[PDB]
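Bound state: Fibroblast growth factor receptor 4 + ponatinib.
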Amino acid sequence: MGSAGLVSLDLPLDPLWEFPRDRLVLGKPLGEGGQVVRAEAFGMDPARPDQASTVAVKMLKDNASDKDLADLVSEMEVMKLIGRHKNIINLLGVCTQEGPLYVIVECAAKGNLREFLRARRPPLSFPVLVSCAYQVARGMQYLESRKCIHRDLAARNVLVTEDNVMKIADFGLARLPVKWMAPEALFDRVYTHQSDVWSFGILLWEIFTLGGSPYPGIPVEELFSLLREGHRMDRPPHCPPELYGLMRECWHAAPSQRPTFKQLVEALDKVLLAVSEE
Ligand SMILES: Cc1ccc(C(=O)Nc2ccc(CN3CCN(C)CC3)c(C(F)(F)F)c2)cc1C#Cc1cnc2cccnn12
């Protein structure tokens, strides 16, 4: 029971990824933009065929165009090439043949990182916050090694499992993320790994403000003019200068002066180690 666009595209059966439609029972909605719904999957680990699993399933709406289908097909194929990693949301399967296009991934029980942090504000220990930042750094390092540029790294686009494992995702634009973007991305529309490093800096600031909104008070129209005078966000409350140093390094105007994701993984591991020692 597929749409007119999907029948026209006539996608092939990928034997590594095609999962049976009848072994998937849809449940509660998780997110909207397409839409994400929670589902029960049976035999998603094919060695254990009768074993039940909770998954997340992305799909188009009834009022979706052919361009929206092409984007979801484009999203499907990008996720195949990236590969399995601890800190990327794992593709589990797809449904393409006998109905609407479904893109299946693992369900992160605690939701997105922004709502995770905001929900646990005081009326989250320091090692947990450093672990979050470190894990996102490791995910982005993996992305870069796969020659993959995210373009919209933010707390909303990181998912959190039951065990507080960070899973990098992309849900598209929210219902333009100006406050997360490097100058070259905002102004010249040039996206690189180093432009993702800028956004990681803004994500770090989100984590240690417990899901705070960046540049509070300053409207988006006045932001870019303020950036090229050299102004940046101040050190947030209860944040050491070592972590603030990494943020300011991420916000260097020149991309080459910003740290690499390899360097960010190394620096954050030292902070994780320092907070665990005693
Ligand atoms: C069903 C579903 C389908 C797809 C994706 C998804 O994020 N796909 C994705 C597409 C592209 C990219 C990388 N590109 C970015 C653009 N860029 C230009 C090129 C590189 C990546 C990334 F992880 F690599 F970033 C992921 C997530 C879900 C989810 C879910 C889920 C699970 N639990 C919960 C709980 C609450 C809400 N949602 N949810």
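Residues 444-476, 479-568, 584-635, 651-753, in that order, are what chain A shows, numbered as in the PDB entry. Reckoned from all heavy atoms, side chains included, excluding hydrogens, waters and symmetry mates. Atoms within each ligand, like the ligands themselves, are counted from 1 in listed order.
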> Under 4.0 Å, heavy atom to atom, what does ponatinib (ligand 1) touch in the other chains?
Replying inline: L473, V481, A501, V502, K503, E520, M524, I527, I533, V548, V550, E551, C552, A553, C608, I609, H610, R611, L619, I628, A629, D630, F631
> For atom 37 (C) of ponatinib (ligand 1), what is the nearest protein heavy atom, given as residue, atom name and distance?
Replying inline: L473 CB, 3.9 Å
>> Within ponatinib (ligand 1), which atoms have a heavy atom of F631 less than 4.0 Å away?
In response: 29 (C), 30 (C), 38 (N)
> For ponatinib (ligand 1), which atoms sit closer than 4.0 Å to a heavy atom of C608?
Replying inline: 20 (C)
>> I keep wondering which UniProt domain of chain A most residues near ponatinib (ligand 1) fall into. Any thoughts?
In response: Protein kinase
> For atom 34 (C) of ponatinib (ligand 1), which protein heavy atom lies nearest, and how many Å away is it?
Replying inline: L619 CD2, 3.7 Å
> Looking at atom 3 (C) of ponatinib (ligand 1), what's its closest protein heavy atom, distance included?
Replying inline: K503 CB, 3.5 Å
>> Among all the protein's non-hydrogen atoms, which is closest to atom 16 (C) of ponatinib (ligand 1), and how far away is it?
In response: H610 O, 3.2 Å
> Starting from atom 10 (C) of ponatinib (ligand 1), which protein heavy atom do you reach first, and at what distance in Å?
Replying inline: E520 OE2, 3.5 Å
> Of all the atoms in ponatinib (ligand 1), which lie at a distance below 4.0 Å from a heavy atom belonging to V548?
Replying inline: 1 (C)
>> Could you identify the single nearest non-hydrogen protein atom to atom 11 (C) of ponatinib (ligand 1) and state the distance to 0.1 Å?
In response: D630 CB, 4.1 Å
>> Return the closest protein heavy atom for atom 19 (C) of ponatinib (ligand 1) as residue, atom name and distance.
In response: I609 O, 3.2 Å
> Nearest UniProt active-site residue in chain A to ponatinib (ligand 1): which is it, and how many Å apart by heavy atoms, rounded?
Replying inline: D612, 6 Å
> Nearest protein heavy-atom contact for atom 33 (N) of ponatinib (ligand 1): which residue, which atom, what distance?
Replying inline: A553 N, 3.1 Å
>> Out of all atoms in ponatinib (ligand 1), which are within 4.0 Å of some heavy atom of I628? Include the element for each.
In response: 23 (F), 25 (F)
Starting from the N and O atoms of ponatinib (ligand 1), collect every protein N/O partner closer than 3.5 Å and put each pair on its own line with the distance to 0.1 Å.
unit_1	atom_1	unit_2	atom_2	d
ponatinib (ligand 1)	7 (O)	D630	N	2.7
ponatinib (ligand 1)	7 (O)	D630	O	3.1
ponatinib (ligand 1)	8 (N)	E520	OE2	3.0
ponatinib (ligand 1)	17 (N)	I609	O	3.1
ponatinib (ligand 1)	17 (N)	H610	O	3.0
ponatinib (ligand 1)	33 (N)	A553	N	3.1

